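Featured here: a structure holding pleconaril.
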Amino acid sequence: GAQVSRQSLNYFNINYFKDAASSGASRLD
Amino acid sequence: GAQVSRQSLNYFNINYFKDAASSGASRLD
Amino acid sequence: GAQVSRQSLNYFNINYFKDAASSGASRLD
Amino acid sequence: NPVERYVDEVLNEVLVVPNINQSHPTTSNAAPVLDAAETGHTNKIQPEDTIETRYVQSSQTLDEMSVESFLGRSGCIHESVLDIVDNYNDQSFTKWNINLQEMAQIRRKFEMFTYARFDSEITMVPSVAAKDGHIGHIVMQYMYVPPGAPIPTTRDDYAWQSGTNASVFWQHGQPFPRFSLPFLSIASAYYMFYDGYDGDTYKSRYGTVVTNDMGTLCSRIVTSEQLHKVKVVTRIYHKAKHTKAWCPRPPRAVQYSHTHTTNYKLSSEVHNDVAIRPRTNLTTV
Amino acid sequence: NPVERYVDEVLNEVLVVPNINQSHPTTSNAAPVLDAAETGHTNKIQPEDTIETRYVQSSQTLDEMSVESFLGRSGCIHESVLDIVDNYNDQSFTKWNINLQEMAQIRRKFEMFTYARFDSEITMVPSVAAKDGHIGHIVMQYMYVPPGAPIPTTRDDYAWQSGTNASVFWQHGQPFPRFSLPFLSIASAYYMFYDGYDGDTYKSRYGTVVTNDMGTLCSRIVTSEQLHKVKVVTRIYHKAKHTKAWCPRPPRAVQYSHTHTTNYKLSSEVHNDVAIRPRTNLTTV
Amino acid sequence: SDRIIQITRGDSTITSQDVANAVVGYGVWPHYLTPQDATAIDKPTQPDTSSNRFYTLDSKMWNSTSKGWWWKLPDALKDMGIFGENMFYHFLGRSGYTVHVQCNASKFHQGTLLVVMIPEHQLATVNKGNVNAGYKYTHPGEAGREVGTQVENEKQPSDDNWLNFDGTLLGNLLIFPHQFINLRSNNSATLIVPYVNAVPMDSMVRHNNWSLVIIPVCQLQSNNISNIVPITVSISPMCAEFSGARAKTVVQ
Amino acid sequence: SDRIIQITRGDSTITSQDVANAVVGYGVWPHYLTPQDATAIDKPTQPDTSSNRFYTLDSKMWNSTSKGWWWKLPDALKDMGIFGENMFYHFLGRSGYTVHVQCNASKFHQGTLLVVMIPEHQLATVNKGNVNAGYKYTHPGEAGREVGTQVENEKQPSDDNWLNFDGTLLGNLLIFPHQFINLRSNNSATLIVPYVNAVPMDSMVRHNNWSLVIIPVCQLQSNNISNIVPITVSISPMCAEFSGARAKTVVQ
Amino acid sequence: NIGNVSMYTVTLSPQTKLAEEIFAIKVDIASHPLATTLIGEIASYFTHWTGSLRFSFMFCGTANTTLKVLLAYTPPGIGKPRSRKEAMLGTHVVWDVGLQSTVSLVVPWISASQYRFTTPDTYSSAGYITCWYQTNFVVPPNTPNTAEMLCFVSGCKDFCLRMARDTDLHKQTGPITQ
Amino acid sequence: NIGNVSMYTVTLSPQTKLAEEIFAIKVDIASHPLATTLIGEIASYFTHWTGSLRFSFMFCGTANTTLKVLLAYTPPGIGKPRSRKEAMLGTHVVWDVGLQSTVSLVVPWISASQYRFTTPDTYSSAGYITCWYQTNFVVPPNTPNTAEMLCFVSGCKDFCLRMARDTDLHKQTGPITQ
Ligand SMILES: Cc1cc(CCCOc2c(C)cc(-c3noc(C(F)(F)F)n3)cc2C)on1
Ligand SMILES: Cc1cc(CCCOc2c(C)cc(-c3noc(C(F)(F)F)n3)cc2C)on1
Ligand SMILES: [Zn+2]
Ligand SMILES: [Zn+2]
């Protein structure tokens, strides 16, 4: 569960648990 | 949040938290 | 800080800290 | 770029404020400074319109003022007490009718909106006070009994089996327990306020107590009776995650008195009941 | 190469010093050794100009002498004491007006610059002294009350709810607490020195006390009263990260006496007040 | 000739035929505030030549026992023409300076003056606990302060020249922009300093950005002591600009 | 709406919801002195927004017997912030102005004020031979002159409003830039005048370029006389620039 | 007045002395009386603030009541103005009462530092807003001799808050029970 | 002299005996009297040092005062020179006083090891700098018979410090209070 980005600057947005409630603070706007 | 390099010597500059203040000591010059 | 090899047998020589003194025992010869 | 947006997150520069542009002297029959508050709209005049301004590149960001940020800080919502005084069986367990109305600090912030939808992060801070000297091996059990589920009535009630309800076991010495909760309402958002009843008679209940039932939080000291008596106080902390709020409202201006109600009390000298400080007169800064 | 630069970091060879080149005998009317200090400049003469030198490949690096390195070591800045003597309610909590001026070692280093900008890493070292024998279960709460926020006046003040302020809960037995802080000033850099006041009268305050307000650090023993009294001393450590400094200045030459001020004291024999050691005479090494 | 210098500012031109070059503090030449660094949003006022000119302060007399002198900017120019007027009518001010210290004697005189420009020279008090230097004492005006004269008062600053009036050793003042006026070599010192502060503009009334310190490190001596040897200071603001206009502030 | 006006100068913004348009003296908008017309050779100082702002003078009370009022520029602003400071520190000054006269009453009041801006309004004396108006009398400052009050003195100017205080008939003042404040139509007057003189710059101390004259031609009347009806004047310099800096001139 | 709607209005009336002072308060977004306004309350949840403030005033008198008033902002580094002349030298707006009932005065961000503390701190006190009679309050016969004025506040496009903190504009001195 | 500016100057004057000694100090960057100089203070924050040192001297006498002086650096492994002849055999500069007021003597890095300890340690003591009259201090009549000299120090392109440590050039023997 990783939203791997690339640029090299590879972003790794990982969700450790299988529930949306489990993830950290949301992004803005 | 990883600044993956390559050479193979792959550098992995990882920022574990989403705040610049959180990262370790800075690079020089 | 990983010296990723390949063969597939991918070797991952990782240096967790930014000082040479920090790494483990040296290789031979 | 999912990576360019990443940098903005790390630097907290997602929401930037506009710059101030250079303005000049003017003479016109277009008068921005004049308007009509009766319309119910706020005059949208900016500094460049009332004075001659210079050009300035703004660097401030509104990130921290976001709803996610405003309601995303963990605050205390309950202080559970298990105090062993003279009867372990009666005093080693308790229950709490869950609500976000007992502590003023987080309550006031949520109540600055009419409706709010969010997931929750609950963090617990248990502390064992050694009343007689030792604390032995303390193990705690926290069980969420949703409305309808059987509520334990003794420290060994079969309900503690938690065959379906979620329970969290904490062992003294281990890190603070924590877990997430998904948006729980049967509606689309939580009611911060509710101008309605649960019936149509003089005896029907009024307010959020009608719509905000969240069940009961039952807890007990799992460890069986020990020689030395302890007093375990578990403080519960709550934080909203993935938040949305609707219809902002006036901030609570007087102290809260009860849960689920906007009731308040007034003294004979009301200036003491509000944060407003009496002015000597109109011209005394 | 982001990888070649990596190797220089591991080896600490980012900033290399120049080599000494072979020089030869000279006879010229160009005299490098002669100059004029009145100009306010330092003669840039090097060894190759005053003697016949050999060629030498330098291997020294200036990395460790960088500002990041000089101010990047965690040092003690405060020693908070909660000593339970005879009244748990009064003695189980305290507060501190935050500042980097109480401990001489780190203060002197920062004060070698006029302005400094940096993020901070705070690390806490709590130690519970068992005055009567046991320490029970000790849980601590450290809360940062920014200027303006309500300061608790009892161990159960509603402010401890920390609905917005940041609080860190530590449990005895767990690792030392630590967190980062972003550059906090309302200005572009922190003032190490400030030749100004907060007014223009004989009673206006002078110095950095006017510009360096950082709020209050409040702390309490979360655990309720226990039979055996303890003395908890929490030592706070600070380190600068991502640092920048401007306008270097003379190092503190005498002992510090107070915070936010350069005031000092002199004895009847001033040579005792400075590190300068009296010389027997001009020619006694 | 590298021994000569002519400095023209506004309607003033100063000369010296025996200089020791010139110093530009931190190698940065004074310049106006840019929109990227500015914070105050009203259009600034820039008097230009009516404020960016040389203002000569009261001369001082240097003798065999002089311990030194200091002035603070912009305080020293608070009563100097348009520049002075502007620092009191506005809340904010910003300026750089060209400081030209003058002192001539003869080829038979000897003496040495250490001329320094210190940023944020926060003065100390001695043996007075946490009582700090009073506003009045750090705002002497063009008259400055004569080290070793003032009859002590509780809020009076340290007068120890060897400790820089702030708890640091004199020998290290050279780390700040400076020059020496060594009678045998030069008869003047010239320092050009840019605006230095942690904020783009500031109150000219309650914040002295720079401090001019002059300490005779090598005693004045000659076989004609009756001839008075003065020290004269001429300062010229540079890129002076002010913001936040209103009534004129009156101090004291 | 053509009845509304907003005038922004520096840090000041003035409004009126009942104007009678505005007047630009001789159809020339104020502008800075060009190099083709300039004569003085030093670089001028231009305070910009710190001087080109609205300065409100002392209000006057208009009643059934008022004979009129007059002010002279730049005299009237001699004590107004930065602008005032600049006219005394320099030998030469040059400026245009935006004159906004204010007077409101009610839809049940009636009265009419003739508001005029006269260039070179050289006052006369009456029955006093060749003795002319004294400097003191033509330099009243922000207080101006209240026609019909001053206890005669030999060097006192003519106080005859019907003869324009200069031997000419009032009815012809309309040949100068002017407006009327007819209570039934407007509550303000706005006149913008450029610099007018036979020389590019002049002494702000001894030469008053413009004179603001206000004469009630139609008497103030209403059935609620106790309610005081003031007249207020706000003047803003435009393109103010000064030259020939020195010490500050002190008059009297 | 506290505890009554009148605490929100300022009374105007025919004056016998010219240029009289009408009101005067600090500009500081979180100081009193601005504290309990919505923007003041929100500002009290943060430690720092910056940006320009928008003060508006709506004349509540009759349609036949006229008035000219001077609203001024005095930047810091000086005491509050003791007269209209003294105030007028700073940032100001001359308000003419007419068909449009409301006027706005913008308090531009004029500060040495990019931000200021929201809590009452000497170093960062932002100045004052004073109001003076420019001309006078005038009415025809048979018309009320006094009138009210309402005062509003909000932030401009550059307003911004920083460093979240708990508010001191609200407290809990006891348990909130069921 | 400590506590007076005179602690920074060395007095010169007409001699009756030839080649007299003027001053002598250790070269060690962190030893006394070099300790409190800026480079000495910074060196005291590190354990090791290396590189060449730059010593400068500015003659403070009158423009008509002449003088020739010999500045010498004695590498280690021998005691400080007891005479000009003894000193002159090492690294030195003969300084002629003239239009240019200042002269510089570079103490080259001459060591067995690549670095030395900054703290006073026998094994790593770097040597001495002595100053002697090469000719004499001469003046015309009616001219002061003594003159001062100022001494400066800084590091050359090869100077370098290593191993950060706390300084012993400053202490705290009590609480620093508010
Ligand atoms: C409006 C609104 C929204 C909410 C939800 C508040 C969160 O309340 C809780 C808490 C604090 C804990 C649990 C909980 N779930 O499992 C556990 C266990 F581990 F404690 F058992 N506790 C469940 C709810 C609904 O209350 N009012
Ligand atoms: C100059 C200058 C710069 C600074 C900042 C010093 C750091 O001070 C602190 C510390 C030590 C701790 C906290 C802090 N934040 O959260 C906590 C908690 F966990 F302790 F609550 N402590 C906040 C500041 C500003 O002080 N002077
Ligand atoms: Zn025990
Ligand atoms: Zn025990």
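Numbers restart at 1 for each chain; the letters A, B, ... are given by sequence-line order, proteins then strands. Heads up: this isn't the whole entry, just a piece of it, and contacts are only counted within that piece. Whatever order the structure lists them in is the order used to number ligands and atoms, beginning at 1. When reading the values below, keep in mind they use all heavy atoms of this one structure, side chains included, and skip hydrogens, waters and symmetry mates.
To find every copy of pleconaril, look at ligands 1 and 2. In this complex, the main macromolecule engaging pleconaril (ligand 1), as named in the PDB entry, is coat protein VP1.
Other chains making heavy-atom contacts shorter than 4.0 Å with pleconaril (ligand 1): D. The residues lying within 4.0 Å of pleconaril (ligand 1), counted on heavy atoms, are D/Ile98, D/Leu100, D/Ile122, D/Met124, D/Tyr142, D/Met143, D/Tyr144, D/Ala166, D/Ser167, D/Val168, D/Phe179, D/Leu181, D/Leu184, D/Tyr190, D/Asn212, D/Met214, D/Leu217.
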